[PDB]
Each structure stands twice: as structure tokens, then as C-alpha cells.
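Convention: sequence-line order gives letters A, B, ...; per-chain numbering from 1. Order of appearance sets the numbers: ligands from 1, and atoms from 1 within every ligand.
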Protein chains: 2
Amino acid sequence: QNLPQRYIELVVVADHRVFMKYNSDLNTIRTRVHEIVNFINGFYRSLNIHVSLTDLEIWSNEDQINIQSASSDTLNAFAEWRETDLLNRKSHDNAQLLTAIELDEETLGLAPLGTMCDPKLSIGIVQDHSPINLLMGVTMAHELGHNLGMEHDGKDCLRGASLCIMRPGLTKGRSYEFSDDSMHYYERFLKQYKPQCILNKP
Amino acid sequence: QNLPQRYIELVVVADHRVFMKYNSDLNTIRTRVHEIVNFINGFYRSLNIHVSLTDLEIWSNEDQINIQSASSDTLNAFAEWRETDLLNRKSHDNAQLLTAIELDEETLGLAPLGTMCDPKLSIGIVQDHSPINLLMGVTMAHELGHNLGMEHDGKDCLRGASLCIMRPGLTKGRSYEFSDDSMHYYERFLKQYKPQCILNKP
Ligand SMILES: CNC(=O)[C@H](Cc1ccccc1)NC(=O)[C@H](CC(C)C)[C@H](CSc1cccs1)C(=O)NO
Ligand SMILES: CNC(=O)[C@H](Cc1ccccc1)NC(=O)[C@H](CC(C)C)[C@H](CSc1cccs1)C(=O)NO
Ligand SMILES: [Ca+2]
Ligand SMILES: [Ca+2]
Ligand SMILES: [Zn+2]
Ligand SMILES: [Zn+2]
């Protein structure tokens with residue numbers, strides 16, 4: 001287990017549909033997100049990654065992109081905007097989108113593989129699908145995981161009593177952990193792609 | 001549960017018996033210890049502790065304390081040496097003595113409980129008992145665990161396929177982890193004692 005200290009500067013963007021859903025109360029969205037970054041961190045402990053929230057942007061007025069049901073299409077719109085608007089203003093390593101649209105083929109999240117630190121592709125879309133901050137943490141941790149070159153595990157993946165975070169579907173539980181495969185998908189990525197943006201302590 | 005980033009400044013002291021074991025070659029002793037620490041770091045990824053090899057003291061000429069079979073006699077003797085001699089020469093957090101003497105009840109390790117940062121009791125004893133750096137790494141990690149307020153786990157403690165590091169006796173294996181209990185023992189340790197010495201990045 002030779003993994004050096006890495007740091008991710010995360011910016012979560014909450015859409016207009018999220019804004020409406022929590023009765024327009026911003027302090028409610030802030031707290032949820034903050035708790036979620038807390039669960040992510042606990043999961044990434046063994047990987048030696050520390051996830052830091054640099055900015056949380058709530059589209060309280062109007063949606064900056066056309067939020068669609070087709071996950072890959074919204075993924076597309078969010079990439080162009082990250083590059084030309086958010087990254088133009090805020091220096092950040094990764095950007096995740098918190099949408100409340102009921103995603104097409106029952107997709108609860110989507111992110112491209114092995115893309116951490118790419119101007120266009122260092123992103124992910126997470127659907128606000130559970131009132132339990134834990135199942136949302138595993139969700140966002142799952143998508144960040146794909147950014148770090150992690151492929152899926154088996155459906156019957158378990159690590160002790162814990163559920164492997166990189167499973168293809170979401171099963172409810174109380175203990176979730178990353179599998180040895182995930183640790184290996186990341187070890188190779190770090191040596192292969194060698195992400196430059198994740199070394200600075202925020 | 002998220003545990004903060006802590007850093008232990010470790011000094012390993014190899015006695016004359018260890019010096020006479022590796023044919024007076026300091027290089028080999030240096031390479032044995034360097035790898036043992038790497039293994040300690042891997043076990044500690046989960047608890048957010050990084051261990052640094054601050055200095056390696058090899059008593060090449062003669063022992064500075066009376067090395068005795070009685071583990072407890074040697075522990076208390078090494079404790080007062082560390083406080084009056086070593087601490088006043090090398091600023092460090094914890095000091096582990098690597099001895100080559102066959103300890104009393106077939107003892108392979110001994111260290112004080114919940115004593116990290118103490119000028120006298122932030123110590124430990126490790127017997128050079130296995131030519132496999134991994135087992136040597138668990139032995140030193142077990143004793144640093146005691147220093148961090150960790151008490152023993154069950155006779156047959158298992159966190160998945162991995163053997164708990166805090167078992168009262170060493171069973172030869174290929175993967176080791178710290179159990180939930182050990183993670184809670186250290187949590188309480190941090191909250192209760194607020195050790196200052198483990199906050200600076202070396
Ligand atoms: C990148 N997207 C994916 O890999 C697909 C999307 C999908 C789902 C169902 C059908 C077709 C596609 N899986 C997921 O999103 C997952 C499941 C959804 C239903 C919440 C995914 C992981 S679930 C688990 C993690 C640990 C134990 S179980 C999740 O919570 N991620 O954030
Ligand atoms: C503070 N002293 C102790 O707790 C006593 C000392 C002792 C040993 C044998 C018999 C009686 C007493 N046990 C230990 O040292 C242990 C035993 C020795 C054999 C290495 C302890 C084993 S933990 C485990 C990690 C993985 C599986 S089991 C160790 O590797 N530690 O470093
Ligand atoms: Ca960065
Ligand atoms: Ca220190
Ligand atoms: Zn996935
Ligand atoms: Zn013990």
C-alpha cells in the first residue's frame with residue numbers, strides 16, 4: 001500500500017431543480033453538500049486522498065446550461081461550461097454537478113473514465129436521489145472514482161461487511177469501502193496519466 | 001468518521017545486538033528499517049497518520065542502556081535514556097527500540113498505552129524476530145497503536161480476509177488492517193489528550 005498524499009479541490013454546482021427542491025433555502029443545500037464531502041473524505045482515507053470544497057455554486061436565479069434527462073448530453077453541456085466559465089473564474093481540480101432531474105434510463109450519476117485534471121473532462125454529474133447523505137456520498141465518491149481511472153467491480157463485490165464503492169448499481173447499506181481493485185486502478189492511473197493538479201494542499 | 005491528518009516523527013534505535021547480527025553493516029540495517037516504516041505507513045493510511053523516519057540511531061560501539069531479558073526492565077531503562085539523552089539531541093515524537101535479544105515470555109513487543117508525545121513514555125520495544133519486513137512492520141505498527149491509546153482486539157480478529165493488527169499475538173499472513181475498535185480507541189485518544197507533537201508535517 002504505497003500511496004502518497006494527494007489533494008482534490010472540489011466545486012459542486014447545484015442546479016435550479018435542486019434549488020427549488022429544498023424550498024429555496026440555501027443553508028439547507030450548503031449543509032447537505034458539506035456532510036457529503038465529509039463522507040467522501042472518510043471513504044478516500046485509505047487511498048490517501050483528501051477532498052476539499054473550494055466553492056459551492058447554487059444556480060438560485062437561472063440554469064446556466066440546458067439540464068436534460070439524457071445524462072451524457074447534460075455531461076456534455078456541463079463540460080463546455082466548466083471549461084469556459086467556471087474554470088475561467090475559479091481554479092479547481094474537479095467539478096461535480098448536483099442535478100434533480102430524473103435521469104433517463106434510471107441513471108443516478110455519470111462521469112468519464114481517467115480524466116482528473118483535464119480542462120474539459122475533469123467532471124461528473126450526480127443526481128439528488130436520496131435523503132440519506134451517505135448514499136449520496138458513495139454516489140459522488142463513485143463518480144470521482146471514475147475520474148481517477150477506476151473501472152467497476154463485480155455486482156457481488158464486498159470488502160468484509162462493506163460494499164465496494166465502485167459497484168455498478170446502488171444497494172443500500174451502512175458500510176461502504178473501496179475495493180483492492182479500485183486501489184489498483186488508481187495506483188496505475190497516478191503512475192500512468194500522472195495528474196498534475198492534485199498535489200497542492202488547498 | 002473522519003480523522004484529521006497527523007504526522008509522527010519516528011526515531012528507531014538499533015542496539016549492539018542488532019549491529020552484531022547484520023555483520024556490522026549499517027547500510028543493510030538502514031534498508032531493513034526504511035522498508036518497515038513503508039509498511040507501517042500503509043497500515044496507517046486508514047487512520048490518516050503518516051510516519052516519518054526522522055533519524056536512525058545504531059549503537060555501533062556499545063549499548064547506552066542495560067538491555068535485559070525482562071521486557072519491562074528494558075522498557076523503563078530505555079524510557080529514561082530517551083528523556084535525558086535523545087530528546088535533548090533530536091526533536092522527535094516517538095522512539096522505537098529495535099533489540100535482538102530474545103525477550104522473556106517469548107515477547108516480541110512492548111509499549112505504553114495512550115502515551116503519544118510524552119517525553120518519557122512515548123516509546124516502544126520491538127524484537128528483531130522475522131526476516132520478513134512485513135511481520136516486522138506489523139509488530140512496530142502494533143506497538144505504535146498502543147502508544148495511540150489502542151488496546152487489543154479479539155484472539156481471532158478479522159476485518160475481512162485481513163488479520164487485525166491489534167491481536168494479542170502474531171499469526172503469519174499477507175494482508176493486515178486496523179479494526180474498527182482500534183480506530184475508535186485512537187479517536188478518543190485525540191479528543192482526550194490533544195497531542196500537540198503530532199500536528200507538524202516533517
Ligand atoms: C457512472 N454511472 C454508473 O456507473 C451507473 C449508472 C447506472 C445505474 C443504473 C442503471 C444504468 C446506469 N451506476 C451508478 O451510477 C451506481 C448506481 C446508481 C443506481 C445509484 C453508482 C454506484 S452504486 C453502489 C456503490 C457501492 C455499493 S452499491 C452510484 O451510486 N454512483 O454514483
Ligand atoms: C505489548 N506486547 C504485546 O501486546 C504482546 C507480547 C507477547 C507476545 C507473545 C506472547 C505473549 C506476549 N503481543 C505482541 O507483541 C504480539 C505478538 C508478537 C508475537 C509479535 C503482536 C501481534 S498483533 C497481530 C498482527 C497480525 C496478527 S496478530 C505484535 O506483532 N506486536 O507487535
Ligand atoms: Ca489542485
Ligand atoms: Ca512532531
Ligand atoms: Zn460507475
Ligand atoms: Zn499488544
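- What binds ligand 2 most in this entry is, by the naming of UniProt, Snake venom metalloproteinase atrolysin-D.
- As PDB records put it, the drug at ligand 2 is batimastat.
- For batimastat (ligand 2), the other chains with a heavy atom below 4.0 Å are labelled B.
- For chain B and batimastat (ligand 2), the nearest UniProt active-site residue, with heavy-atom distance to 1 Å, is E143(B), 3 Å.
- Within the structure, the closest approach of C164(B) to batimastat (ligand 2) falls below 4.0 Å when heavy atoms are considered.
- Using 4.0 Å as the threshold, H152(B) has a heavy atom nearer than that to some atom of batimastat (ligand 2).
- Less than 4.0 Å from batimastat (ligand 2) sit the following other ligands and ions: ligand 6 (zinc ion).
- Residues of chain B that UniProt gives as binding Ca(2+) and that have a heavy atom less than 4.0 Å from batimastat (ligand 2): none.
- Shown in contact with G109(B) at under 4.0 Å from a heavy atom are these atoms of batimastat (ligand 2), numbered in order with element: 1 (C), 2 (N), 3 (C), 6 (C), 15 (O).
- Looking at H129(B) next to batimastat (ligand 2), no N or O pair under 3.5 Å apart turns up.
- Closest heavy-atom approach to atom 30 (O) of batimastat (ligand 2) among the candidates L113(B), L135(B), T139(B), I165(B): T139(B).
- Both criteria (UniProt Zn(2+)-binding in chain B; heavy atom under 4.0 Å from batimastat (ligand 2)) are met by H142(B), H146(B), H152(B).
- With non-hydrogen distances under 4.0 Å, the site around batimastat (ligand 2) consists of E105(B), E106(B), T107(B), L108(B), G109(B), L110(B), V138(B), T139(B), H142(B), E143(B), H146(B), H152(B), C164(B), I165(B), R167(B), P168(B), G169(B), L170(B), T171(B), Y176(B).
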